[PDB]
Structures are given as C-alpha cells and as structure tokens.
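Snapshot of PF-00835231 (bound form) at ORF1a.
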Amino acid sequence: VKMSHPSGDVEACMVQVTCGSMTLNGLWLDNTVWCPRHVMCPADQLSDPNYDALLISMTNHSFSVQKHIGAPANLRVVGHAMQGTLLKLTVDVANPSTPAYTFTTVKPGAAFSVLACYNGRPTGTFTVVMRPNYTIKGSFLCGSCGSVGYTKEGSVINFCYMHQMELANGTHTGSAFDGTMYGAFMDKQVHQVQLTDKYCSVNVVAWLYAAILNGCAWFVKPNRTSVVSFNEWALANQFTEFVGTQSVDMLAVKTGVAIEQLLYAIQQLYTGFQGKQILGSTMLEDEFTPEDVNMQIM
Amino acid sequence: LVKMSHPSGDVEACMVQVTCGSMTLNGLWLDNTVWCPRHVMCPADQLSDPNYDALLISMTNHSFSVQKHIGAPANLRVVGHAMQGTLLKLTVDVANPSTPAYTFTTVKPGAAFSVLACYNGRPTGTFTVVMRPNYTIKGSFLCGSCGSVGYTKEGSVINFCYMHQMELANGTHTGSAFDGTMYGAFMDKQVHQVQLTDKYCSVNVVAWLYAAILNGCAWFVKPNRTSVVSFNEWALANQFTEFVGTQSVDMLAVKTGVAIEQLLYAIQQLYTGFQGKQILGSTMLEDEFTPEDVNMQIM
Ligand SMILES: *[C@@](O)(CO)[C@H](C[C@@H]1CCNC1=O)NC(=O)[C@H](CC(C)C)NC(=O)c1cc2c(OC)cccc2[nH]1
Ligand SMILES: *[C@@](O)(CO)[C@H](C[C@@H]1CCNC1=O)NC(=O)[C@H](CC(C)C)NC(=O)c1cc2c(OC)cccc2[nH]1
C-alpha cells in the first residue's frame with residue numbers, strides 16, 4: 001500500500017503568493033515564506049528569464065501573501081531574498097502553527113509525502129519516490145507550483161521538496177529548500193530532456209521479500225549473485241547500485257532468504273516473468289522501500 | 001494515474017481515543033457526539049460471543065474515558081451513551097470546536113475513499129481504498145486501528161463513510177457505515193468469516209481504459225461495440241459488476257471520441273487475454289480507479 005503521512009501539520013503552513021499576475025503556493029514557517037522564484041517573472045520572460053535583474057526590480061510590496069486556511073489573513077512582506085530557485089520572503093507575523101522542522105535533500109529511491117495545493121488551498125496528498133534521474137511521478141496540475149514534499153521522524157517534519165515543473169513525459173521535479181533544483185533542471189519555460197530512469201535495486205529487493213512474506217516465493221532458488229557482481233551487471237541494464245541496509249537485513253532474517261538469491265532472481269525476472277505473477281505485478285516494482293515492507297507486513 | 005487521498009487535516013482534528021475497561025480504540029468527535037466501534041465495551045475474553053445488549057446496560061457514563069490527544073490534550077467527560085448498530089454513540093459535554101461540515105452516506109462497491117489510519121487517538125497515516133463488490137477493502141490496518149475513519153470530500157463537506165472494525169483471514173478489511181450497519185453484513189465478533197466472491201468493478205475498468213486512451217495507449221480499441229444490456233448479461237456470467245453509466249463517464253467518451261460500448265466490447269476481449277501487450281504498465285485489467293479519478297487527474 002502507498003501510505004502518506006497525515007497532512008494537517010503541513011496544511012496549516014500553506015499560503016498563496018502573488019507577484020504581478022503570477023500566483024502559486026508558498027510555505028509559511030515562522031517569519032518566512034518560501035516559494036518558487038519564477039513567481040517574479042512576467043509571462044513575456046518565462047522562456048528566458050534574468051532572475052537577478054528581476055530580483056533587483058522587485059520591492060517588498062511587489063509580493064502579496066495570503067492565508068486561506070483557518071483564519072484568513074494577509075501577511076505583510078517586509079523582506080525579500082533569493083536562494084537558488086526559491087524566494088525567501090520575510091513577513092511581519094510568525095506562523096503560530098509552525099511545526100518542528102528540518103530541511104533535507106532526498107536521495108534517489110527514498111519515499112516522501114506530497115501535499116498538492118492550488119492557490120494556497122490543499123487539495124490532495126500522495127506518496128512518491130525520488131527516481132534515479134531525479135524526477136517524481138505524482139499528480140500536479142496547473143497552479144501546483146509551491147506544493148511541498150516532506151517526511152516525518154517523530155514530530156519533526158523534514159521538508160524536502162517544493163514543486164516547480166512538469167517535464168513533457170508527464171514526470172515532475174522541483175527544489176530542495178536550499179534552492180537547488182533536483183536533477184539540475186532549469187526553472188524556465190523550455191522543453192527539457194531527463195536522463196534515462198533506472199530501477200532502484202534496493203527497492204526491488206524489498207518488494208520481493210514482501211512477496212515471500214505473503215507466501216509468494218516462486219522466484220526463489222539457490223542461485224546467488226554477489227553484491228559486487230550484481231552491481232557490475234546493473235550498470236549495463238539500467239539498475240542502481242545495490243547498497244545494503246539494516247532494514248534489508250531484518251527482511252532477510254524474518255524470511256530466511258539471502259539478498260544474493262534475490263539479486264540473482266532480479267537478473268532473471270528482468271529477462272522476463274515467464275507468465276507468472278508476483279504480488280499482482282508482471283513487472284518489477286521499485287517504489288516500495290525496505291522501511292515500508294518492514295512496517296506494513298508484520 | 002496515481003492513488004490520491006484528500007488532505008486529512010479536517011479529520012485529524014476529530015480523532016479521539018476511547019477507553020472502556022482494558023479496552024481501547026479510536027473515536028470520531030463531531031459536535032457533542034463521539035462515535036466508536038461498540039466492541040470497546042466487550043472484554044477480550046468475550047469477543048467471540050459478545051452480549052452487546054447486556055454490556056450496554058451495565059455501562060455507566062463513567063465506564064467510558066474519552067481522551068483528545070491531537071493538539072491540546074483533554075479528557076472529554078461522557079454524559080450520555082447509546083448504541084446504534086455496530087457503533088457506539090457517546091455524548092460528551094464539550095462540543096468539538098473544529099467540527100467540519102459533514103454528511104453520513106454509505107458508499108457503494110466501486111467507490112473510492114480516503115482512510116485516516118489511527119492508533120489510540122493519534123493519526124499515523126493516510127491512503128485510498130475502493131469498496132469491493134464483496135464489501136471489503138484492501139488498505140493497511142494494524143493492531144489498534146479500529147475506529148479509524150474513511151471519508152470523501154466534496155467542496156467543504158466531508159462525507160464520512162467508513163469506521164474500521166476488522167481484518168479477515170484474507171488480509172482484507174471491513175467496518176461500519178455511520179448508520180451502524182456493517183459493510184457486507186459481517187459480524188463484529190472474534191469469529192472466522194469468509195467474504196463473498198469478488199468481482200471486477202466494470203465502470204472503473206472503463207475509466208482506466210479511457211485513461212489509457214488519453215495517454216496514447218489505444219491498441220485495444222476496435223470499431224466493434226457491445227451494448228450496455230448485452231454487456232451486463234455477460235457480466236453476470238464472468239464476475240463483473242453491472243455497468244452503470246454516469247455523467248463522469250460520458251465526459252471521457254467525449255474527450256476521447258471512443259464510445260462506452262467500444263470499451264465494453266474491448267473488456268470482453270481483454271478479459272480473455274492481453275496477448276503479451278500492456279495497458280498503462282499492466283498485463284491485467286485495473287478497477288481501482290474511478291471515472292472521477294480519471295477526470296481530475298487527466299481531464
Ligand atoms: C507551476 O504551477 C508554475 O508556477 C507549473 C506547474 C505545471 C503546470 C502544468 N502542470 C504542472 O505541474 N509550472 C510551470 O509551468 C513551469 C514553470 C517553470 C519552472 C518556469 N514550467 C513547466 O512545467 C514547463 C515548461 C515547459 C515547456 O516550455 C516551453 C515545454 C514543455 C513542457 C514544459 N513544462
Ligand atoms: C481493531 O484494532 C481492534 O479493536 C482490530 C483491527 C484489525 C487488527 C488487524 N487488522 C485489523 O484491521 N480488530 C480486531 O482485532 C477484531 C476485534 C473483534 C471484532 C473483537 N477482530 C478481528 O479482526 C479478527 C478476529 C479474527 C479471528 O478470530 C479467531 C480469526 C481470523 C481473523 C480474525 N480477525
């Protein structure tokens with residue numbers, strides 16, 4: 001099951017940011033509003049913007065911030081700065097419902113929750129994994145820029161994504177909160193090509209373990225491939241590096257099946273499924289992490 | 001096409017923990033009323049054959065402890081208690097100051113809704129399920145999840161449709177509507193129960209094929225057509241639900257130009273075999289996406 005964190009924490013932080021005739025979502029934490037910087041850019045310049053000239057041309061009053069959740073309010077902007085592909089706006093009132101938070105960058109294969117927003121109003125939530133080519137496969141429509149992606153550890157939200165674009169293949173990307181765009185895509189209105197996607201090997205392993213736990217173990221055999229041998233094969237068949245984790249070990253102890261058997265099985269199941277099914281799938285499944293398998297199948 | 005849930009913040013502000021004896025589970029706080037599954041009155045020795053009428057009469061308002069954890073912690077004093085089908089309807093003296101606009105409508109097979117999974121009154125995760133024709137759902141419910149709540153949102157109104165009660169040996173799940181009746185008439189006792197046979201949700205297979213077409217996957221479309229009446233008599237023989245068209249479906253017909261009866265014909269052929277070919281990454285029919293899903297996500 002694709003399970004998301006409860007989103008109420010993050011809903012209380014979503015705002016609408018308007019600049020000239022551009023409008024998108026922003027994140028209100030304490031005295032700061034984060035939002036994508038292209039809100040500054042008029043339409044006649046989206047294809048080829050000069051963000052530094054645009055930033056100089058803005059004043060605090062160029063920016064309009066509104067809260068539509070709970071007690072609606074207008075937030076007075078009293079400072080503006082740019083950080084990579086984000087604007088960092090300072091407002092005069094602190095968000096009284098600010099969670100404990102950090103900013104982290106997610107590595108490919110890691111899962112996180114997304115709150116999709118339109119005009120500062122939360123509309124849906126879903127879970128994604130960062131692909132090896134630094135894209136995600138969510139559902140983002142018009143007005144979804146500034147929607148936020150995050151994980152939770154205890155009561156602390158770790159913010160990891162702010163939405164910026166949709167590639168022509170329907171896939172999506174955005175920034176970490178240091179301003180850097182995932183996959184180095186540029187925040188301008190141009191057709192851009194992503195690198196070839198790969199399978200997240202550790203996720204495929206975790207999924208096969210989940211199959212065995214539910215009683216589906218047909219692919220299991222005594223044939224082993226070593227970690228180092230599998231990884232050499234992976235470079236030629238568009239798989240990531242396998243890296244072991246204690247999470248994967250838990251799933252090998254409980255299952256009594258070695259990673260090396262599953263690594264061999266991956267090579268053979270990639271060749272083809274020979275007609276059968278694994279957990280309702282006829283293709284490899286790489287969007288469930290070892291942590292998901294550990295928490296869901298007990 | 002992706003599994004998508006409503007934002008859960010509205011519902012999180014309504015969850016409470018309900019304790020009775022050595023028993024504890026989740027509750028839903030709306031106005032002055034807390035709903036929860038009635039088996040919280042039963043001790044675990046007796047769950048196999050609970051005497052719910054006798055349990056209710058032996059309970060006093062002090063037999064129930066309702067605790068709110070999300071936000072500012074408080075104990076909610078019980079000043080009334082009643083039973084309605086498989087649910088308890090407790091009256092507390094403090095009205096929930098964050099009660100959303102809501103309705104209580106039972107969902108039909110093939111409809112999708114969002115679940116807030118909770119443990120001892122604390123929300124832990126959210127996901128979407130669809131009600132199967134055998135009145136089960138397939139989410140992720142662990143120990144302590146009874147009282148977790150299922151819902152849909154239209155505009156500002158929350159429609160509460162599901163209160164979690166049980167896990168079948170199949171790994172599948174069921175619970176109550178908020179009128180107190182159990183989906184599929186499963187009984188709320190610690191006994192083995194076998195669900196009825198599943199079916200494919202016909203109207204959702206149609207929606208998914210429309211989604212295939214919109215995304216450039218249309219090899220399965222032929223000129224050939226099966227009427228709704230002819231398809232439905234076939235559905236009875238082949239474990240499909242009766243196809244009932246809606247405006248939501250017709251919208252997809254118009255955007256694509258592929259009529260409903262073309263997809264009904266295609267389904268009959270696809271159910272016999274995809275012949276190695278794929279539709280949206282699948283070698284099998286998919287019925288977990290509704291027409292509304294396809295409209296919102298692809299248009
Ligand atoms: C945000 O709403 C914008 O603030 C918007 C979200 C997408 C609109 C449709 N679905 C979405 O997810 N983002 C964009 O419009 C961005 C803006 C950039 C970062 C300045 N641009 C694109 O997503 C974009 C541009 C182009 C393109 O050009 C030419 C050609 C093809 C695809 C494409 N996507
Ligand atoms: C609630 O958390 C309980 O308050 C719990 C939820 C399930 C636990 C695992 N996943 C869930 O959805 N509910 C139960 O444990 C209920 C309680 C009964 C009605 C008193 N029981 C079952 O779901 C149950 C009992 C049995 C069983 O017996 C023997 C045999 C097989 C399956 C089964 N399920």
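Letters A, B, ... mirror the listed sequences (proteins, then strands); counts begin at 1. Note that ligands are numbered from 1 as they come in the structure, with each ligand's atoms numbered from 1 the same way. Structure method, as recorded: X-ray crystallography, 2.3 Å. Computed over heavy atoms, backbone and side chain alike; hydrogens, waters and symmetry mates excluded.
Copies included, the model assigns PF-00835231 (bound form) to ligands 1 and 2.
Lab note - other chains with heavy atoms under 4.0 Å from PF-00835231 (bound form, ligand 2): B.
The site surrounding PF-00835231 (bound form, ligand 2), defined by heavy atoms under 4.0 Å, contains B:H39, B:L47, B:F141, B:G144, B:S145, B:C146, B:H164, B:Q165, B:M166, B:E167, B:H173, B:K189, B:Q190, B:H192. Taking a cut-off of under 4.0 Å to the non-hydrogen atoms of B:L47, the atoms of PF-00835231 (bound form, ligand 2) that pass are 20 (C).
Those atoms of PF-00835231 (bound form, ligand 2) with a heavy atom of B:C146 less than 4.0 angstrom away are 1 (C), 2 (O), 3 (C), 4 (O), 5 (C), 6 (C), 13 (N). Covalent attachment: PF-00835231 (bound form, ligand 2) to B:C146 SG. Counting the atoms of PF-00835231 (bound form, ligand 2) from 1 in the order shown, those under 4.0 Å from a heavy atom of B:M166 are 12 (O), 23 (O).
Within the listing of PF-00835231 (bound form, ligand 2), atoms 6 (C), 11 (C), 12 (O) sit less than 4.0 angstrom from a heavy atom of B:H164. Close approach to B:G144 involves these atoms of PF-00835231 (bound form, ligand 2), each under 4.0 Å from a residue heavy atom: 2 (O). For PF-00835231 (bound form, ligand 2), the atoms lying closer than 4.0 Å to a non-hydrogen atom of B:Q165 are 13 (N), 16 (C).
Going by the entry, the organism behind chain B is Middle East respiratory syndrome-related coronavirus.
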